Trainee: 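Before I ask anything, let me first share the structure, which is written out below as structure tokens.
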Amino acid sequence: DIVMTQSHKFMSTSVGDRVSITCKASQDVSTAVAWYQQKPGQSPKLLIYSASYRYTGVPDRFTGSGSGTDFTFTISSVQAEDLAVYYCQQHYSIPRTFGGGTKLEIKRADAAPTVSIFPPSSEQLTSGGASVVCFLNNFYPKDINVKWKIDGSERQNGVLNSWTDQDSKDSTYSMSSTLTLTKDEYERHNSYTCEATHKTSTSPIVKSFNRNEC
Amino acid sequence: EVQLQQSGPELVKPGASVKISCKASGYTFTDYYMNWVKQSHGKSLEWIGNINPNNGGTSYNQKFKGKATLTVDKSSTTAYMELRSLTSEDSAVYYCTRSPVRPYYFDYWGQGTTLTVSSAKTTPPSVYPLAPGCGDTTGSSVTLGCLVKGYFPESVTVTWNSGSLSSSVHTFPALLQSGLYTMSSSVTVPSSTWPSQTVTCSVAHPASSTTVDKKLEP
Amino acid sequence: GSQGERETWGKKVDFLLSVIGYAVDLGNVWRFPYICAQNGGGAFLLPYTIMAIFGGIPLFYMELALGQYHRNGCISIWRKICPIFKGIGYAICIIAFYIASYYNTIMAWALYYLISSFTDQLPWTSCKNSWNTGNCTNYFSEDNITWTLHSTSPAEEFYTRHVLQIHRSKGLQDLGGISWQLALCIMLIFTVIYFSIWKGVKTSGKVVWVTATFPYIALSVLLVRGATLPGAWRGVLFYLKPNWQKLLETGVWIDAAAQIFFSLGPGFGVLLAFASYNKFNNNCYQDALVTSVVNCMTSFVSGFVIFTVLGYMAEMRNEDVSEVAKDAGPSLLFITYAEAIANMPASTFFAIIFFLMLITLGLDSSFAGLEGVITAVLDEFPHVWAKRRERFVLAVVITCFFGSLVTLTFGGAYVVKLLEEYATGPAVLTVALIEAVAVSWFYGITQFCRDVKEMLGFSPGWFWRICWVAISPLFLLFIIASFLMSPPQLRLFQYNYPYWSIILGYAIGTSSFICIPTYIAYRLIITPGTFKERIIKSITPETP
Ligand SMILES: CC(C)CCC[C@@H](C)[C@H]1CC[C@H]2[C@@H]3CC=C4C[C@@H](O)CC[C@]4(C)[C@H]3CC[C@]12C
Ligand SMILES: COCCCC/C(=N\OCCN)c1ccc(C(F)(F)F)cc1
Ligand SMILES: *[C@@H]1O[C@H](CO)[C@@H](O)[C@H](O)[C@H]1NC(C)=O
Ligand SMILES: *[C@@H]1O[C@H](CO)[C@@H](O)[C@H](O)[C@H]1NC(C)=O
Ligand SMILES: [Cl-]
Ligand code: NA
Ligand code: NA
């Protein structure tokens with residue numbers, strides 16, 4: 001069989017930069033390499049075939065080069081909608097194998113994480129639970145600290161951080177920190193507070209609310 | 001034009017079998033090879049095998065020989081892939097993709113089929129609204145949201161007002177714990193449409209076939 | 001008085017090239033490279049020699065010794081060894097007739113391909129012809145093309161729909177009628193073989209000078225041509241890449257054994273007849289050794305001749321020579337290799353020498369093929385025959401023409417496959433086993449070594465005695481058992497043979513050797529007295 005090796009699992013680039021992904025094969029391939037694009041949440045999309053040739057319905061900004069074992073897929077003008085995972089695949093010998101995949105992350109300026117705290121709704125208090133939610137929207141880069149405060153004490157149990165994938169419009173990450181608690185404990189505390197520490201500013205953003213019917 | 005419609009998500013117990021369909025349209029079906037590519041969660045693409053639609057001329061991969069069985073029906077132009085002896089490794093997203101004979105590229109793909117091989121009971125999602133408090137300062141935009149707790153498997157869809165408008169909806173990936181998933185969604189809408197009009201979040205669960213709709217109330 | 005002694009050959013080199021010319025044929029050119037590439041690559045060289053040293057060479061040498069010592073035909077030699085086995089001499093005869101029903105038609109194709117190569121523009125380059133369909137897509141045409149399941153190439157279109165015309169038949173059921181073109185071609189072939197046999201071994205010994213030396217020249221030209229072609233290393237790599245994991249499979253050993261048996265060709269009566277006409281004090285050991293070793297070397301260089309061109313073809317397309325060399329048949333030469341030649345400078349030249357090479361590859365083997373049968377029949381019915389040789393030779397050539405009419409049909413290729421794999425093969429292996437058993441275990445291997453000790457002046461080594469006694473009969477037994485245990489499922493040109501095809505193959509196969517058991521029963525049923533006295537006078541050679 002054939003082993004298509006992509007050394008760089010992740011590559012950083014900016015909107016408008018020249019980005020190139022390399023693909024290493026086991027044996028000599030001549031010009032039998034295809035480049036596929038898989039957007040997060042979508043099916044793969046064919047972009048390049050036979051080393052350099054472009055497929056119908058592909059913008060001119062996507063190019064291809066290489067002749068032998070090492071091949072290169074080049075994007076000249078990176079757009080916001082070009083954010084996807086790229087795969088290379090040989091099409092000469094049976095079986096047809098694929099590469100590891102290179103998630104192309106976009107580098108931009110820093111962004112302030114909009115923090116929003118939310119009190120447990122009445123439908124959940126009806127079921128017999130109560131979860132305070134702390135959303136962190138539109139920030140960059142991915143690295144960001146989330147600290148919880150039930151009533152001033154740093155809460156650490158029952159906190160779940162969920163990071164979404166990068167955005168395809170403005171390239172800003174978003175995460176959700178969830179504090180899941182019981183109803184009995186929720187009706188014994190009033191003002192919840194979640195704070196977030198980012199690199200845009202040294203002072204963590206602090207959000208608070210009261211249980212006494214807001 | 002060229003459309004490949006596969007089957008929906010499948011939740012099957014380990015050791016059983018599952019069949020995935022593939023309805024083709026927009027091209028001469030007897031002209032192109034029909035393929036099946038397996039994509040694991042967080043992994044790469046994995047060519048399973050092809051099949052010749054004229055006679056069912058199958059050509060499997062050595063890694064999937066005896067694992068997948070490809071069939072085809074010319075009367076309705078529909079391909080099938082069946083998987084037997086299901087384990088945890090088979091829980092992945094499967095595609096059926098069109099391909100010529102030479103050069104052997106995959107020009108058109110299907111939307112995929114999320115397969116979950118587990119014995120866990122299909123749990124209906126608990127939809128709890130995530131409404132902003134009544135003491136917050138209503139600025140130029142308010143951030144709303146809905147919460148989904150306890151469901152299995154990863155087959156859920158959280159929509160907002162029949163898809164209008166959704167220019168600021170953030171959907172957070174589900175997190176699995178104690179055999180149940182839990183996710184959340186939010187939406188930043190201006191203060192000139194709330195709470196004047198009706199903003200209702202819809203939570204659908206195709207695995208359990210349960211659609212619970214909850215309207216946000218401050 | 002009258003005839004008395006028989007004639008003898010003109011020169012040592014004539015018989016050395018006649019046997020080499022019979023040994024070297026199409027299969028050396030294309031069967032050995034394909035089976036060598038797909039069964040371990042270069043590692044196939046190891047069992048091919050082992051199956052030669054232990055199986056092929058002993059039968060080849062033992063057959064050439066019996067022939068050069070006893071100087072009898074394929075039939076009359078059994079009367080002087082084991083009369084009950086005289087049916088062997090007849091069986092081979094029938095076998096030959098089946099082979100001759102198709103092996104010549106094949107040459108006809110090459111001939112029809114050769115006489116059509118005198119045009120400045122080769123027919124299988126363009127698609128604007130009277131036989132191409134709308135699927136015909138050729139080169140020197142817009143780039144970016146992408147091949148479709150129904151699309152075909154002008155070469156594939158030219159072989160399938162023009163010369164072979166296999167689309168006019170629905171299979172073995174409906175194949176008629178006969179194509180008059182290939183009938184005239186195969187008539188021309190039966191004429192160029194007629195004037196090379198009718199005079200006896202003199203003309204087949206004069207014509208062999210050309211038929212045995214031309215293929216090496218043509219192979220040399222194609223070799224130095226294909227070696228200069230860019231990307232020819234891929235075919236050589238796929239040809240020689242060692243895959244030692246294939247040797248663990250019990251199949252490649254059987255493939256090597258069968259390949260070296262049919263390539264060496266003992267047991268057919270050809271070596272018996274060719275050896276019959278020779279000097280009594282002439283050496284036989286060196287002759288057999290050299291001839292076989294050339295037959296293998298020739299296969300070895302032919303492998304390069306094919307795989308350099310197929311490597312170039314894989315480079316022009318997109319690699320994996322297995323993809324371009326999937327079909328293992330005449331299509332590898334008439335379609336793949338031909339389409340590759342068409343895309344080269346002086347295409348007319350390399351086409352003429354290629355098809356001409358094929359014809360000269362076939363001719364020497366059909367010469368010998370007939371020589372053995374003619375010698376056998378003339379020696380079994382002497383002075384009832386030999387009244388003229390031209391009469392019998394003509395009756396054979398004409399009989400083969402009428403016997404090839406089934407192959408000259410539109411669905412002729414189907415009959416070719418059926419006869420080549422289900423009929424002749426297992427029967428030649430069988431009669432070779434019967435002959436090897438009769439000579440080794442009935443006539444006595446000790447007396448055989450004494451006869452060689454009389455002719456050549458020295459007794460054969462222990463290596464050869466131990467080979468004839470045990471190694472060779474097990475060598476044939478392995479191939480026969482392997483085939484009978486699992487006959488291969490036949491498929492040709494997107495047409496799977498019906499399930500009853502093997503019955504027809506076995507029917508044709510069984511009708512060939514009804515004579516050895518019915519003749520054993522015949523002679524066993526004719527001689528009076530007790531069965532012990534009849535089998536004692538039937539196993540021991542005639543006393544005077
Ligand atoms: C040469 C002689 C002795 C061989 C005869 C053997 C007979 C029994 C064999 C030879 C050819 C065979 C036939 C080949 C063709 C067909 C047509 C098919 O639609 C039904 C099977 C059938 C009818 C086969 C039946 C068996 C068969 C008739
Ligand atoms: C069953 O087909 C294999 C034939 C083997 C003997 C042979 N040619 O092989 C040459 C050895 N490399 C052969 C046999 C018969 C004839 C005949 F002239 F009789 F048709 C021609 C060639
Ligand atoms: C090659 O073929 C396709 C037809 O399927 C065509 O649409 C395309 O434009 C051609 N050219 C390239 C550069 O892909
Ligand atoms: C091409 O071939 C297919 C089958 O191989 C056939 O159905 C079709 O009619 C052919 N096209 C033309 C134009 O004849
Ligand atoms: Cl050989
Ligand atoms: Na040979
Ligand atoms: Na020959």
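Below, chains carry the letters A, B, ... as their sequence lines are ordered, and counting in each starts from 1. Computed over heavy atoms, backbone and side chain alike; hydrogens, waters and symmetry mates excluded. Whatever order the structure lists them in is the order used to number ligands and atoms, beginning at 1.
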Trainee: Say which drug appears at ligand 2.
Mentor: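 It's listed as fluvoxamine.
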Trainee: What is fluvoxamine (ligand 2) bound to here, taking the chain with most contacts and naming it as the PDB entry does?
Mentor: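 It is bound most extensively to Sodium-dependent serotonin transporter.
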Trainee: Which chain letters belong to other chains having any non-hydrogen atom below 4.0 Å from fluvoxamine (ligand 2)?
Mentor: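 Heavy-atom neighbours of fluvoxamine (ligand 2): C.
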Trainee: So, looking at fluvoxamine (ligand 2), which transmembrane segments of chain C come under 4.0 Å by a heavy atom? UniProt numbering from the N terminus, please.
Mentor: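 Of the UniProt transmembrane segments of chain C, the ones with a heavy atom within range are 1, 3, 6, 8, 10.
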